[PDB]
Protein chains: 2
Amino acid sequence: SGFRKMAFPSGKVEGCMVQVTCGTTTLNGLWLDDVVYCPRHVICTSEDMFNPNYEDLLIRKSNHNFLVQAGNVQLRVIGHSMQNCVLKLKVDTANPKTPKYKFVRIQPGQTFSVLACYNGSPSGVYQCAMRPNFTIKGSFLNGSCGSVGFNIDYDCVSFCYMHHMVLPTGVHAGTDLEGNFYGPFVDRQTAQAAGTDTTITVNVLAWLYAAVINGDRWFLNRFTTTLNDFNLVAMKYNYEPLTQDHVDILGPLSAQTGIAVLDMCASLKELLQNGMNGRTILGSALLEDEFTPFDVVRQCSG
Amino acid sequence: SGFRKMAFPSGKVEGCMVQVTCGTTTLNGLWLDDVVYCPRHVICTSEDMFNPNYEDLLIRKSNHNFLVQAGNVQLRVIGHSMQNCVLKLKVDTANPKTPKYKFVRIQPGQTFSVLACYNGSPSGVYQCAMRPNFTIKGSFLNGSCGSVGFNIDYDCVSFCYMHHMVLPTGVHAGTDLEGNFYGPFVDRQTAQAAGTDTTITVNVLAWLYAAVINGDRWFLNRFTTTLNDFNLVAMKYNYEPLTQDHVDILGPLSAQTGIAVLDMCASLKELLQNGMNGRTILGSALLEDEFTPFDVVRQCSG
Ligand SMILES: Cn1cnc(Cn2c(=O)nc(Nc3cc4cn(C)nc4cc3Cl)n(Cc3cc(F)c(F)cc3F)c2=O)n1
Ligand SMILES: Cn1cnc(Cn2c(=O)nc(Nc3cc4cn(C)nc4cc3Cl)n(Cc3cc(F)c(F)cc3F)c2=O)n1
Ligand SMILES: Cc1ncc(C[n+]2csc(CCO)c2C)c(N)n1
């Protein structure tokens, strides 16, 4: 019973956060086995951040220019390399708290947990979605660079996000753990705009099913729609199109509630056209799109 | 808005979760030093759950009737006692992952992180507020009994909530770590109704300060009020009256913005009497009441 934004327990990741410093520049790193991963922006000085030539800056660096602190222990760097926008510091000590882990690149519309950290210390945890325009709407302050996002599946941590920067609209951009940005962004201190964001339609539908499972039905109706006719209306409102795969994924929620997927599409179509008339769904005045069908099933089965 | 419900990192609590089983009744417990804390409901058979005689259920029980497991490893119970609605099981091993900790009883309005657990295994973490009617709008399934709520200040975990039961409306009820229920509930499997809820005034005020901090301040009027006058008006709109402690925890935000607490009460009074008139605050037409003054500073300032 109930439905809330839920993050994975963050303990397995907390044991991996460290602080990395070059000169006066400092951010968070991820210590797995004998490697620390962190944004390569750390090698920038105040004058480099605007337009860094990273290969130039890195070749001028020695191992002892990197100071890595785990708690109050200093870790000795014995090698360094760059993979795209991620710096890899080889250290002489393996992290005994290293969990079983994978690096994955997540798809837009999928969710993950963010462990926000400052100076290598974990500060808070919360759930985010990869937006269709490759930004994330996180909660990050100065010093959060290098914080990571992840999912956990049977004691294996799949790291999918490393935080790099804040955009002028206050949304956030980062890379996978291979150092490739999500979206058309680049790691320099310039004002960067994202593409137009769209709403994750399959997630909104999942969250409507959550609302029904928790006893709210005011938005349901008796109208009918085809998948294509729903997608025409959805595109009009800058909603992502709904695929047959998405319809299939919503299957369990349809079975549970007895509401056909296309019947819930008919309900969403009306909400897009009429609005909510000051009413709320699961306490929200806006249509929530950062719950996947798996997130709803996980919280609402039974 | 840039505001998200953020949990504390859960690792310090994850290392304390265990499963406790009596016969087939099984739930979650909290292992700190050489004591495991858990709801006394675990000693009920199904026929006991409706109207248990705990004293009589406990006199029949011996140490060897309690199965306490960390993962699949059994912890031998060497003493047991009842304190209000919590059972305290003395075990023969001091938990090596015990953090610095305290037991605290919170007030309505205060927020905390919940580590939802099933069979001793943490499943997710999210932020909750204690409602004025002493329920929490959590997210809990069967098997969640004994999950705990907590805050972390510096490196000390303040435990404030242990989950006991779901109410007919789907909200949740439980105790502090001394076994004293929040609210008028008792640990019987009966349909107990929560009283009518109200809005957490101190947290709405914190939210208005957060809006001011971010430059959204159209709602600041030119008036002030006395605390007594504001309290009397607030109750007529199903808002909670303010306490002297409430005024004091608004102090840092009042100092940060230079807006006197009673001036902000006058501004909230005007919103109550007139409404938003089609206009929004931090992008929402709803006033948020589950961010405490500390949450606001935590998310604006760090
Ligand atoms: C408000 N906010 C929200 N998210 C963020 C993340 N973020 C950050 O934490 N730090 C950044 N720049 C740095 C400045 C430093 C000053 N010192 C002494 N050390 C510093 C280290 C960093 Cl990383 N940035 C900006 C930023 C970071 C990048 F990785 C990048 F490629 C471009 C950028 F403009 C930042 O956004 N802050
Ligand atoms: C849907 N939901 C949301 N929160 C909860 C919490 N909750 C719970 O997890 N378990 C409960 N009863 C038990 C049944 C058991 C069956 N087996 C095999 N083992 C069991 C252990 C428990 Cl604790 N309850 C009900 C409940 C638990 C209490 F502690 C109490 F005092 C009164 C109650 F009615 C429950 O609410 N479920
Ligand atoms: C945290 C943080 N880091 C860097 C800058 C950028 N900055 C400050 S002075 C200067 C010119 C070189 O001295 C630059 C690029 C910032 N604003 N905040």
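Lettering of chains proceeds alphabetically from A, tracking the sequence lines in order. Just so it is clear, chain A uses the PDB entry numbers, and the residues here are 1-302, in order. Note that chain B is numbered according to the PDB entry, with residues 1-302 shown in order. Keep in mind that the numbers below use all heavy atoms, side chains included, and drop hydrogens, waters and symmetry copies. In each ligand, atom 1 is the first atom listed, and ligand 1 is the first ligand listed.
Per PDB records, the drug at ligand 2 is named ensitrelvir. Tallying contacts with ensitrelvir (ligand 2), the largest count belongs to the chain named in the PDB entry as 3C-like proteinase nsp5. With a cut-off of 4.0 Å on heavy atoms, the other chains touching ensitrelvir (ligand 2) are A, B. Binding site of ensitrelvir (ligand 2) at 4.0 Å (heavy atoms): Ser1(A), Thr24(B), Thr25(B), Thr26(B), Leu27(B), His41(B), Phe140(B), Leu141(B), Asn142(B), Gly143(B), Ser144(B), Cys145(B), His163(B), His164(B), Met165(B), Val166(B), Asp187(B), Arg188(B), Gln189(B). For ensitrelvir (ligand 2), the polar-atom distance check finds an N/O of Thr26(B) within less than 3.5 Å of one of the ligand's N/O atoms. There is a protein heavy atom less than 4.0 angstrom from atom 18 (C) of ensitrelvir (ligand 2).
This PDB entry assigns chain B to the organism Severe acute respiratory syndrome coronavirus 2. Between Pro39(B) and ensitrelvir (ligand 2), not a single N/O pair is under 3.5 Å apart.
Short-range neighbours of ensitrelvir (ligand 2) under 4.0 Å, ligands and ions only: none. At least one N or O atom of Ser144(B), backbone or side chain, sits closer than 3.5 Å to an N or O atom of ensitrelvir (ligand 2).
In terms of polar-atom proximity, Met49(B) is not counted as a contact of ensitrelvir (ligand 2), lacking any N or O under 3.5 Å from an N or O of the ligand. An N or O contact shorter than 3.5 Å links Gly143(B) to ensitrelvir (ligand 2) by distance.
Closer than 4.0 Å to atom 11 (C) of ensitrelvir (ligand 2) lies none of the heavy atoms of the protein. UniProt assigns most of the residues of chain B contacting ensitrelvir (ligand 2) to the domain Peptidase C30.
Of the polar atoms of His172(B), none of the N or O atoms is found under 3.5 Å from an N or O of ensitrelvir (ligand 2), judged by distance alone.
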